[PDB]
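Read through the structure below, which is laid out as structure tokens, and then see the notes.
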Amino acid sequence: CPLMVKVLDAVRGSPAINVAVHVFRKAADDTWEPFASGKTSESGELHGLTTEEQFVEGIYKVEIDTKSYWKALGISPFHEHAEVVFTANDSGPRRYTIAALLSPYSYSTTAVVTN
Amino acid sequence: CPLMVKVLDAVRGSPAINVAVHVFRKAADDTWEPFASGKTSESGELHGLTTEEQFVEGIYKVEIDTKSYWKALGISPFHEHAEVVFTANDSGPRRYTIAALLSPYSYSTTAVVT
Amino acid sequence: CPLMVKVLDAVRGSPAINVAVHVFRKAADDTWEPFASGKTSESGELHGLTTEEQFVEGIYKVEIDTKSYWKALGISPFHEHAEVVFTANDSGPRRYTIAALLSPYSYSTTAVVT
Amino acid sequence: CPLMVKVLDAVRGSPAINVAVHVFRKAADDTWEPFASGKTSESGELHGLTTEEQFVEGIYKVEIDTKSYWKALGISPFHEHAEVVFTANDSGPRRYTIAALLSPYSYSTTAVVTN
Ligand SMILES: C[C@H](C(=O)O)c1ccc(-c2ccccc2)c(F)c1
């Protein structure tokens, strides 16, 4: 599990459940090709997105569908979605945990990188 | 204006208005003595808390009554309040801006010292 | 000034100066077309990106070149950049302030719409 | 484990290790009496602070010694520490996860409350 995503809800003090997450990898032609996708679990986490073998060096984009999440709660959010773009494995294989804390008009994201 | 406080609402995407703010200075006996207080304006800001002469080196605590703010909106918040404790260094011309971004179960605070 | 961007540095407790910001508007063919760009000032702010007349309803993307900012400080950041994608509603007099707080491996962004 | 604290480092993209945490409970005389304390582990977490039986309703304060953490890294931080004050178990026993994301001049804290 080299790539993990965790999403929390700052309004309800709970994990953000059933949040759609799409991951893309920048292709040779500078285009974003689908890499993996999923929905956060009851704990606000998304595991099994990829494997060490498939997760090669490159630029990846993790898109979190925050809009659909807030609309389902009856809240009109500011952002269309939350995006996290980063170069991965440039100096060897690493484990990445992408965390996002969501509010209707704000979000924070941090990364925890392990060897 | 050596010290300024700004509070934003992350739920409504607006300044946090009429939020009570209390500032304290740590006294010689390690006790918190009232220093200044006020309520954020329409722009979520609070100015004129103190002056350069009065704002001497020391440890200060800025307490933001976040609980009352959320209750007024019909939301049961997690925190009793938000506190920011810092040491005013004074070493060189410095203005302190304490910013807080509020959500019912979360808050972030940052300091901009220029 | 319908749209304003403010960037702060959470590591140095100061405004993030000379940060490149690019704004795009989603075109009819679902493509991002350049809309406006600039660099944050000494106060970490970027004004005069657009006008009320030009800033019509639509989906906009604000891209903050955070990577170049950290590299200039000798720090290897995590993100390639920070992006804020939002729909300008226009329904009623509204000014948009996009604020970003930057750290090497984290950033927070909030919108203050008044 | 009704009370858990997790601390992350936003500057290094890693858990904040060996961070001292002190917990207090507001006493009848409006005084803060020591309740529990510990240091974050290699994963930035602190477990076993208290038990369901001991964690009764009341106002608690979780103090995270962020200053010592940054000084050990050679960084002069803004805050003396980070404090989280909340009423707990007022409507029955709950599980609380207090998370903090640290930067020299900024910190964010969120709570995840479970039944
Ligand atoms: C991944 C981890 C978890 O949920 O256990 C986690 C997730 C989010 C935060 C976090 C807390 C406050 C502001 C920004 C991020 C954090 F400090 C730790």
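Chain letters follow the order of the sequence lines: the first is A, the second B, and so on. Numbers in chain A track the PDB entry; the residues on display, in order, are 10-124. Chain B is numbered as in the PDB entry; shown residues: 10-123, in order. Note that chain C carries the PDB entry numbering, so the residues on display, from first to last, are 10-123. Numbering of chain D is taken from the PDB entry, so the residues present carry the numbers 10-124, in order. Atoms within a ligand are numbered from 1 in the order they appear, just like the ligands themselves.
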Problem set entry | Drug identity at ligand 1 | flurbiprofen
For this session: Give the name from the PDB entry for the chain that makes the most contacts with flurbiprofen (ligand 1).
Result: transthyretin
For this session: Report the chain letters of other chains having a non-hydrogen atom under 4.0 Å from flurbiprofen (ligand 1).
Result: A, D
Exercise. When you measure from atom 6 (C) of flurbiprofen (ligand 1) to every protein heavy atom, which one gives the shortest distance, and what is it?
Worked result: D:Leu17 CD1, 4.0 Å
For this session: Using a heavy-atom cut-off of 4.0 Å, name the UniProt L-thyroxine-binding residues of chain D that are that close to flurbiprofen (ligand 1).
Result: D:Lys15, D:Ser117
Problem set entry | For D:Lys15, atoms of flurbiprofen (ligand 1) separated by under 4.0 Å from a heavy atom | 5 (O)
For this session: Look at atom 14 (C) of flurbiprofen (ligand 1) and find which of D:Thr118, A:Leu111, D:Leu110 reaches it with the closest heavy atom.
Result: D:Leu110
For this session: Report the part of D:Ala109 (side chain from C-beta onward, or backbone N, CA, C, O) that has a heavy atom under 4.0 Å from flurbiprofen (ligand 1); answer both or neither where that applies.
Result: backbone
For this session: Write down the species the deposit gives for chain D.
Result: Homo sapiens
Problem set entry | Mode of D:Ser117 contact toward flurbiprofen (ligand 1) - side chain, backbone, both, neither (heavy atoms, under 4.0 Å) | both
Exercise. In this structure, which residues build the binding site of flurbiprofen (ligand 1) when a heavy-atom cut-off of 4.0 Å is applied?
Worked result: A:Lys15, A:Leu17, A:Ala108, A:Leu110, D:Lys15, D:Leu17, D:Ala108, D:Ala109, D:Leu110, D:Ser117, D:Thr119
Every pair of nitrogen or oxygen atoms between flurbiprofen (ligand 1) and the protein that is under 3.5 angstrom apart - can you list them with their distances to 0.1 Å?
residue	atom	partner	partner atom	Å
flurbiprofen (ligand 1)	4 (O)	A:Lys15	NZ	2.8

